Amino acid sequence: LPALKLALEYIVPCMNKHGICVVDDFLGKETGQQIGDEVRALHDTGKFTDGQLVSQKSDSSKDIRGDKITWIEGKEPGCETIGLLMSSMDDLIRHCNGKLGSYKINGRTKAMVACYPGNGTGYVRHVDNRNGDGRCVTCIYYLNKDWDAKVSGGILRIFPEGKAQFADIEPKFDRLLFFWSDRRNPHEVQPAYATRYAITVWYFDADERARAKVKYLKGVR
Ligand SMILES: O=C(O)CNC(=O)c1nc(Cl)c2ccccc2c1O
Ligand SMILES: [Mn+2]
């Protein structure tokens, strides 16, 4: 399905109406599986961090750690299908530009690959960009085949501002998610009891990022 058709007929209207947009079967099984293989290779060769310190015990041997991460630019050896994913995300956003609210996206982060190791850890309720750091859209790609939250947990729960309900999103294989990064979409990852992988990039709004430089000071003489 052409990126422009997905953007104009689905991403743009859904984002402007709901601020949370799900696309299933984004790249297809072959490509999705190759991305999965690259992420697992990164994990198995020790490229992830040890995990977020969740419970700090008097005995450090009993510390509980949670989500592990690694930052991926997309050109590294063994990460080229991740890079292809990133380029595909960028193509979509490019075909949306000037139509995602009044934002003008002119950049993004590297990819943050996250692994919840399956030990009952999740991620506390938070806002991605709470203080105007420039990020306007969060984009997440999930890689977990036959994920069933009833058995493995790991639901992403979003609490859209001003609505007495939440939106639960299963981290399903080959699913792509967009949502506004700011305080409109507080969200959490519920405890995961199986290995759970996701790939995140954040897109920058030009004006917000330009003035973020001012309040987050870069020096000349
Ligand atoms: O994985 C998901 O479905 C949702 N994940 C997150 O919202 C999420 N957000 C942030 Cl800001 C971080 C930040 C650091 C590490 C992992 C994160 C994470 O999984
Ligand atoms: Mn988040």
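To match the PDB entry, the residue numbers of chain A are left as they are there, and the shown ones run 188-404, 408-411. In what follows, every heavy atom counts, from backbone to side chain, and hydrogens, waters and symmetry copies are set aside. In listed order, ligands and their atoms are each counted from 1.
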- Query: Which drug is recorded at ligand 1?
  - Reply: FG-2216
- Give, per UniProt, the macromolecule that holds FG-2216 with the most contacts. Egl nine homolog 1
- Message: Give me the nearest non-hydrogen protein atom to atom 5 (N) of FG-2216 as residue plus atom name, then the distance to 0.1 Å.
- Response: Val376 CG2, 3.6 Å
- Task: Around FG-2216, list the other ligands or ions under 4.0 Å away.
- Result: ligand 2 (manganese (II) ion)
- Just need the protein heavy atom nearest to atom 14 (C) of FG-2216, so name the residue and atom and give the distance. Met299 SD, 3.8 Å
- Query: Of the protein's non-hydrogen atoms, which lies at the shortest distance from atom 13 (C) of FG-2216, and what is that distance?
  - Reply: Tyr310 OH, 3.5 Å
- Task: Mark the output for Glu375 as yes if a heavy-atom distance to FG-2216 is under 4.0 Å, and as no if none is.
- Result: no
- Task: Mind checking whether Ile256 contacts FG-2216 via backbone (N, CA, C, O), side chain (CB onward), both or neither, at a 4.0 Å heavy-atom cut-off?
- Result: side chain
- Message: Tell me the protein heavy atom at minimum distance from atom 9 (N) of FG-2216, and give that distance in Å.
- Response: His313 NE2, 3.1 Å
- Task: Just let me know how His374 lines up against FG-2216, side chain, backbone, both or neither, with a heavy-atom cut-off below 4.0 Å.
- Result: side chain
- Item | UniProt 2-oxoglutarate site of chain A, residues within 4.0 Å of FG-2216 by heavy atom | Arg383
- Message: Counting only heavy atoms closer than 4.0 Å, does FG-2216 sit against the backbone of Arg383, its side chain, both, or neither?
- Response: side chain
- Write out the residue and atom name of the closest protein heavy atom to atom 19 (O) of FG-2216, then the distance separating them to 0.1 Å. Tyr303 OH, 2.5 Å
- Identify the organism from which chain A comes, per the entry. Homo sapiens
- Which UniProt-annotated Fe cation-binding residues in chain A have heavy atoms closer to FG-2216 than 4.0 Å? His313, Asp315, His374
- Task: Under 4.0 Å from a heavy atom of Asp254: give me the atoms of FG-2216 that qualify, with their elements.
- Result: 15 (C), 16 (C)
- Name the UniProt domain of chain A that holds most residues in contact with FG-2216. Fe2OG dioxygenase
- Message: Test of understanding: given a 4.0 Å heavy-atom threshold, classify the contact between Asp315 and FG-2216 as side chain, backbone, both, or neither.
- Response: side chain
- State whether the shortest distance between N or O atoms of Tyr329 and N or O atoms of FG-2216 falls below 3.5 angstrom. yes
- Query: Which residues form the binding site of FG-2216 (heavy atoms under 4.0 Å)?
  - Reply: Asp254, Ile256, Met299, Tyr303, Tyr310, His313, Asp315, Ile327, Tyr329, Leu343, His374, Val376, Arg383
May I have every N or O pair linking FG-2216 to the protein at under 3.5 Å, one per line with atom names and distance?
residue, atom, partner, partner atom, Å
FG-2216, 1 (O), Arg383, NH1, 2.8
FG-2216, 3 (O), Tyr329, OH, 2.7
FG-2216, 3 (O), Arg383, NH2, 2.8
FG-2216, 7 (O), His313, NE2, 3.3
FG-2216, 7 (O), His374, NE2, 2.9
FG-2216, 9 (N), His313, NE2, 3.1
FG-2216, 19 (O), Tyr303, OH, 2.5

